[PDB]
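Structure containing cortisone.
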Amino acid sequence: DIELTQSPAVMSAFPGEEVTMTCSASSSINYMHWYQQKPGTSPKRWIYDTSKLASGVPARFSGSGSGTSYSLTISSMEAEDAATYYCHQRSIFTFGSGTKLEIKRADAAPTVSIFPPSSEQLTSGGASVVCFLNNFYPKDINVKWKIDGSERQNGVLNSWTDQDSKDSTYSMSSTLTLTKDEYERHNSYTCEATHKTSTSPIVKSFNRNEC
Amino acid sequence: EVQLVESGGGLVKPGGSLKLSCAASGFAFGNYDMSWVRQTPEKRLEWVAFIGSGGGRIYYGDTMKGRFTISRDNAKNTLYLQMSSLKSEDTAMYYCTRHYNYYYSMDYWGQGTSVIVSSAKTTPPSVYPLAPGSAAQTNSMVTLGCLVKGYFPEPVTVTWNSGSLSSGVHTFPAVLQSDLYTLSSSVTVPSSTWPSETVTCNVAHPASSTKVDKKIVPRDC
Ligand SMILES: C[C@]12CCC(=O)C=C1CC[C@@H]1[C@@H]2C(=O)C[C@@]2(C)[C@H]1CC[C@]2(O)C(=O)CO
């Protein structure tokens, strides 16, 4: 069962940098192909037969390799290059798992905002407290929830957007879902964002016994 | 010019069957080897089936195990995939692809048709307005939102003021919660414009044929 592994899984670079990613095969094969995919669209043939560029592919891209080791290289990378690149070869069932190339930019702190459960949701017996952490960089950010002063960890779901196609920031939602009855037994709700742009968290909060 | 257009995907119970189709345009369909490739929820790409130009040569991926049948009708420029005894692991986006030469790169791909294998039933979303309430903001900008909860399957489409508020919008990837999907969308507008100018989220769920608008109104405290 000849299998493909790709390294790195994820990498980020500023425009202008040289980029290299690798595709390794468990035994020797030839004529490796590379496919480019961006969110919400189909894979696209990018490099084929180890070194041939597909139509529309700039000469900054090159493919090379032999045996058990293949690589895709980009000179002077451009923002439009950001995508996942997958290797594959004619005898392989499962494509390589991909290298996702992301765009490095200047650090940015999130704009944070918190929302109490709506009265309409409460009527139905559930209670979601929503916190948005918008337009930040890098992707790694820590969200902490405190209810009446004690950290809370159960019932939180976080969802990050794909890197933003115009400004290269990320955004994320952090949602604390509770039963209406559990929500009604506590008062202070806090969402805290800790990001490497500051040693001090960004804090948004509300008291349920207001409004 | 070249077009490959898939159809036939949808929700199917485990153990069920489905037939996918791929309509081809813009090229001599019968001169080309064709394939089906699927992408799982984990973004893994798996070569499902391959068929030679004349329909007399066929290959299948390792986990197919006789449950898939690729066929083609060169007179109607259509490729098919019959799928049977479906399992949860067969949930994926199914792509029609065309082969260039005999090293078997795939030089054209269709748009994909989504197959979801589970016992869940189509369910419309609840949509809730997210106003600041007791978390009132005070800057030059204000951020509002909509919570979309409890629908199946993906996707929903969210717009704000019918697409006229397009900048300042973040619609987050949905996540499974009690085996149903939930997402939120945020919009940011000058604080001088709300509530004086109305802000409404527009939620569409095609699978359930549902369309709801939720006006974001200041809360009655
Ligand atoms: C190049 C090849 C063999 C030679 C040929 O006339 C046509 C093809 C295309 C389809 C390929 C096939 C294989 O070599 C085995 C493959 C890769 C198959 C599609 C799925 C496959 O059956 C597997 O996934 C086996 O593990």
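Going down the sequence lines, the chains are called A, B, C, and so on. In order, the residues displayed for chain A correspond to 1-211 in the PDB entry numbering, which applies throughout. Residues displayed in chain B correspond, in order, to the PDB entry positions 1-221. First listed ligand is number 1; within each ligand, the first listed atom is number 1. Both backbone and side-chain heavy atoms feed into the values below; hydrogens, waters and symmetry mates do not.
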Open item on the list: So, counting contacts under 4.5 Å, which chain has the most with cortisone? Name it the way the PDB entry does.
Closed with: anti-cortisol (17) Fab (heavy chain)
Any idea which other chains come under 4.0 Å from cortisone, counting heavy atoms? A, B
Quick one: what's the binding site of cortisone if I count heavy atoms under 4.0 Å? A/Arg90, A/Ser91, A/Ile92, A/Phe93, B/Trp47, B/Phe50, B/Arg57, B/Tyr59, B/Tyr60, B/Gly61, B/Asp62, B/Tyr104
Point to revise | Protein contact of atom 25 (C) of cortisone - nearest heavy atom, named by residue and atom, plus distance | key: B/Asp62 OD1, 3.3 Å
| message | Looking only at distances, can you tell me whether any N or O atom of B/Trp47, backbone or side chain, sits closer than 3.5 Å to an N or O atom of cortisone? | response | no
Okay, for chain B, which organism does the deposit list? Mus musculus
**Request:** Identify, for atom 16 (C) of cortisone, the protein heavy atom at the shortest distance, and state residue, atom and that distance.
**Result:** A/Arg90 O, 4.4 Å
What name appears for chain A in the PDB entry?
anti-cortisol (17) Fab (light chain)
- prompt: Looking at atom 4 (C) of cortisone, what's its closest protein heavy atom, distance included?
  reply: B/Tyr59 OH, 3.8 Å
If you have a sec, work out which protein heavy atom is nearest atom 5 (C) of cortisone and how many Å separate them, to one decimal? B/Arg57 NH1, 3.5 Å
Give the residue, atom name and distance (to 0.1 Å) of the protein heavy atom nearest atom 10 (C) of cortisone.
B/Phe50 CG, 3.5 Å
Requested in this report: Taking only heavy atoms of A/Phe93 into account, list the atoms of cortisone that are under 4.0 Å away from them.
Outcome: 24 (O)
